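The model presented next includes nirmatrelvir (bound form).
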Amino acid sequence: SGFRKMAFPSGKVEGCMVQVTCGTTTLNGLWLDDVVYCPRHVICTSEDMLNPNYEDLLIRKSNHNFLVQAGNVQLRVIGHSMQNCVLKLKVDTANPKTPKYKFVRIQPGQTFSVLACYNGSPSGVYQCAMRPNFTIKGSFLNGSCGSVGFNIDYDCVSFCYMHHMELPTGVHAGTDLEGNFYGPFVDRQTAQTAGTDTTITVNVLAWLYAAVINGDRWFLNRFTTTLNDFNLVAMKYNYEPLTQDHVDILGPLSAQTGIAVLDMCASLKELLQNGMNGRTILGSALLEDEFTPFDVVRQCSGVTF
Amino acid sequence: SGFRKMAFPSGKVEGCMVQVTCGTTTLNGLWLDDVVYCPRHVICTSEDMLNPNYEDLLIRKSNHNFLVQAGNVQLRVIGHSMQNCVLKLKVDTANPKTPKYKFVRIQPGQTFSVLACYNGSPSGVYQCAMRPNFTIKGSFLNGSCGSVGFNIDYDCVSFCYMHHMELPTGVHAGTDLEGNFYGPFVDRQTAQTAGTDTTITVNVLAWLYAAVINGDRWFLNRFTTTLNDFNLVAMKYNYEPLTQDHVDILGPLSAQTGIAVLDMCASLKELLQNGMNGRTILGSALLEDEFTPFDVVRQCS
Ligand SMILES: *C(=N)[C@H](C[C@@H]1CCNC1=O)NC(=O)[C@@H]1[C@@H]2[C@H](CN1C(=O)[C@@H](NC(=O)C(F)(F)F)C(C)(C)C)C2(C)C
Ligand SMILES: *C(=N)[C@H](C[C@@H]1CCNC1=O)NC(=O)[C@@H]1[C@@H]2[C@H](CN1C(=O)[C@@H](NC(=O)C(F)(F)F)C(C)(C)C)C2(C)C
């Protein structure tokens, strides 16, 4: 028993992290086969980050302008190209540690593990959710850029996130591994703000299931609700609408606990109205929304990689 | 910016995890050079669990009674010895993935990462703290035994915990890597209860210092306290007594913020007195006690 914010094992991704230097800018790169991926803003000088012309800056640089270090070994860059907001450096050597991998774009509410790195060196791993406003509540200091988010499914690493920037509100913004930003952000030192966030309702319900599975039952009540009645109340409290998709996805947990989803919706509705009345759920005084249904079944079933 | 409960990268420990089987019992082992370390209770049957005579069970074992399996490879056991509650299997292959390592015994309030494993395969990694009552609030199912807790310092892995059992309150007990239990627990399936748990006061203060560094001051007050008056109040909320040692440890955070340790103690008294009144500190509506003074300086500016 027990319930923790649990990250994927980072071993396969630690094998891929390199240091990328262009002039005075150092940050992190992802070395897969004979390409290194990193944020395109590595080419920017102080003056440039305000209104950079990336295509302009890029064409003016020789391969030797990119210093790529895998531990003590310098990699020789034999090509460079842009793809949206990620720079792709072609190197002479395939990464012998390249895992089975895929680039995947994730939906809001979906969780991943972040491997925080500094000078191409893995520092820490944590579990995140893509917020509905396309930000992540990360922990990133100077030099964190190029740090990646991933999921594992058997032996396949799904890279979903590369870190680019921090928003003034202390939350974080980045791209998929094809350089497409998550959310309405641009890689420029101009002023940007995260939209107002909402709570991932399907994730809160999965976390209440995890509570019941661990013997925390006090919030269960005799009632049932409907999606409409639940969703009408939910919107009020800035809660994502619960779609029928969501109700089907909880089916395993519902069947495994004996608590039907629309019964659990009535328990969550009451929690939104009255709060938790000086009580905790799994030692939390807040309603936790960074666990997916699949995260709950995986931790509670002991799925390995 | 940001403040996350963060674990160490698990790669160096993943490289060391194996499956250890003895009779019908399978759990996880830790393979370092030519020794596999695992919980000695791998040699128990069902019946053996209440009053196992470990010395009696072990003399009856051959090296070839132990199946060790690193991925496909079955390792060959060329020696077995017990040390306290840890079985040590000598094998004929040094682990090539062996990192720089050392074994360390941690004190209550110290944090570490856990690589939860089943059948020598990792399920996931999370961050923990040795509770004052010498338990951990882990996430551990059947077959999790031999999963380890660790810290990483540059490229050196400090192993500090190996998992052995779950107490009736749903909390976890285990040993250092020399096989000595943390706390008064024994590797028998006998009635055992955790002592009443307390909050790790020094960690909460560190976390309040973290909140200030991250720019939140709402909970500061114009008061100070004596160490003694602080502890008299704190204990009424089941907080660990704060020692002069704890005060010395908090020195650097005190300096960085310019807030005296005993002023920060004054804020905690008030918070204990008032709660948070719909507010949060670093995104928590509870006071966080699983960040050490060291963890805060490591993760903050
Ligand atoms: C990459 N190593 C850093 C990571 C930062 C450092 C502090 N926390 C992080 O996540 N990324 C950057 O320096 C990017 C980079 C220019 C500006 N930038 C920022 O993160 C800045 N943010 C913004 O300009 C804002 F708010 F508009 F999003 C900063 C103010 C320094 C936090 C570029 C090219 C976007
Ligand atoms: C190792 N794979 C398990 C890990 C357990 C299983 C459930 N969650 C865990 O952390 N270890 C054990 O099964 C140990 C083992 C015998 C009994 N045991 C227990 O964890 C049991 N608890 C106790 O005996 C108690 F309460 F005293 F700690 C159990 C009832 C199965 C939870 C030995 C040798 C202690």
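Order of the sequence lines fixes the chain letters, A, B, ..., with proteins taken first and strands second; residue numbering starts at 1 for each chain. Atoms considered below: every heavy atom in the structure, side chains included; atoms not considered: hydrogens, waters and symmetry mates. Each ligand, and each atom within it, is numbered from 1 in the order the structure gives.
- The full list of places where nirmatrelvir (bound form) can be found here is ligands 1 and 2.
- Contact analysis gives the chain with most pairs under 4.5 Å to nirmatrelvir (bound form, ligand 2) as the one the PDB entry calls 3C-like proteinase nsp5.
- At a heavy-atom cut-off of 4.0 Å, the other chains in contact with nirmatrelvir (bound form, ligand 2) are listed as B.
- With atom 33 (C) of nirmatrelvir (bound form, ligand 2) as the reference point, the heavy atom nearest to it among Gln192(B), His172(B), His41(B) is part of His41(B).
- Closer than 4.0 Å to atom 31 (C) of nirmatrelvir (bound form, ligand 2) lies none of the heavy atoms of the protein.
- Where the criterion is an N or O separation shorter than 3.5 Å, residue side chain and backbone included, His163(B) meets it with respect to nirmatrelvir (bound form, ligand 2).
- Scanning the protein heavy atoms around atom 2 (N) of nirmatrelvir (bound form, ligand 2), the nearest turns out to be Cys145(B) SG, 2.8 Å.
- Among all protein heavy atoms, the one lying closest to atom 28 (F) of nirmatrelvir (bound form, ligand 2) is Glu166(B) O, 3.1 Å.
- Taking only non-hydrogen atoms into account, the UniProt active-site residue of chain B lying closest to nirmatrelvir (bound form, ligand 2), to the nearest 1 Å, is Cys145(B), 2 Å.
- By the definition of a contact as any protein heavy atom under 4.0 Å away, atom 13 (O) of nirmatrelvir (bound form, ligand 2) is not in contact.
- At the top of the distance list for atom 6 (C) of nirmatrelvir (bound form, ligand 2), counting protein heavy atoms only, stands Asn142(B) OD1, 3.5 Å.
- The shortest separation from a heavy atom of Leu27(B) to nirmatrelvir (bound form, ligand 2) is not under 4.0 Å, leaving the residue out of contact.
- Among all protein heavy atoms, the one lying closest to atom 18 (N) of nirmatrelvir (bound form, ligand 2) is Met165(B) CB, 4.0 Å.
- Geometrically, nirmatrelvir (bound form, ligand 2) and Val186(B) share no nitrogen or oxygen pair separated by less than 3.5 Å.
- Residues of chain B near nirmatrelvir (bound form, ligand 2) cluster mainly in UniProt domain Peptidase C30.
- According to the deposition, the covalent link from nirmatrelvir (bound form, ligand 2) ends at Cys145(B) SG.
- In this structure, residues within 4.0 Å of nirmatrelvir (bound form, ligand 2) (heavy atoms) are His41(B), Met49(B), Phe140(B), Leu141(B), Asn142(B), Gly143(B), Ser144(B), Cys145(B), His163(B), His164(B), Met165(B), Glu166(B), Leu167(B), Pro168(B), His172(B), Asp187(B), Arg188(B), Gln189(B), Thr190(B), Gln192(B).
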